[PDB]
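What follows is a model of Thyroid hormone receptor beta carrying bound tiratricol.
Note that chain A carries the PDB entry numbering, so the residues on display, from first to last, are 201-251, 265-460. Remember, it's 1-based here, ligands and their atoms both numbered in the order they're listed. Below, each value reflects all heavy atoms present in this structure, side chains not excepted, and no hydrogens, waters or symmetry copies.
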Amino acid sequence: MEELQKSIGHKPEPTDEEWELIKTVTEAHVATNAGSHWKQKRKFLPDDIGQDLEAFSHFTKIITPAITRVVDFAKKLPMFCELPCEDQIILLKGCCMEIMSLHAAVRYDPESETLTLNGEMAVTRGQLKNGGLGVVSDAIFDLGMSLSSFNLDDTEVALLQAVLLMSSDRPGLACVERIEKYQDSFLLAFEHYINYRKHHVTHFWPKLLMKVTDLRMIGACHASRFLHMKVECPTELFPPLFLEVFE
Ligand SMILES: O=C(O)Cc1cc(I)c(Oc2ccc(O)c(I)c2)c(I)c1
């Protein structure tokens, strides 16, 4: 009765087993979104920083937390726990830059035109560029300004995160056909959650599924910026986890 409800033009809202998952998933997001005061605490980085290595510096610091937020949200999901140590790791390395991105874009203030990193620092497109990310920063900023229209909610950001995390495409995965079922499950629940929210933007699900791809790009480019970085005459200022995540 899914494809059917489609043809009759009804938009299926979540079901019992789904509103469950949605809760289980929404909670995580919220239990790791330290949220009510970022636009408040957000420290504007001195514009003379990143006009780079200095700005890179900052970023580098306040990043270990940012990676853990992803790490902790994954810990809460029983789907992510049913999987091996190995896939678990793979999965987190794969989705990490994707999640921090969302986290970065959802915190975009169209006003001062900056993104807020780690819920503390506020930087401009130029600062994030010259800091060591180049194009990716335009990709994250541009994403942000697009999401400032999707008006996502804790659930929507959360389930997004979830779809990012359960990627059966990551190289090395062992339990492939199972992470897919888990993904497939999240996607469905997302759509349904979407219908239930009934936004007023046509193609919301298609539009939104494109951000998933976009985030995957940023993610891919970021791996390429992470190589252009390791040079610069490497070593120092590269936090251990930041290094383990992306190798
Ligand atoms: O904190 C969050 O939750 C999100 C977050 C944190 C930071 I610091 C950030 O900037 C990056 C990311 C990768 C990278 O290689 C470099 I240098 C800087 C992004 I974009 C997002």
To which UniProt domain do the majority of residues of chain A contacting tiratricol (ligand 1) belong?
-> NR LBD
For tiratricol (ligand 1), which residues make up the site at a heavy-atom cut-off of 4.0 Å?
-> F269, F272, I275, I276, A279, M310, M313, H316, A317, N331, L346, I353, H435, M442, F455
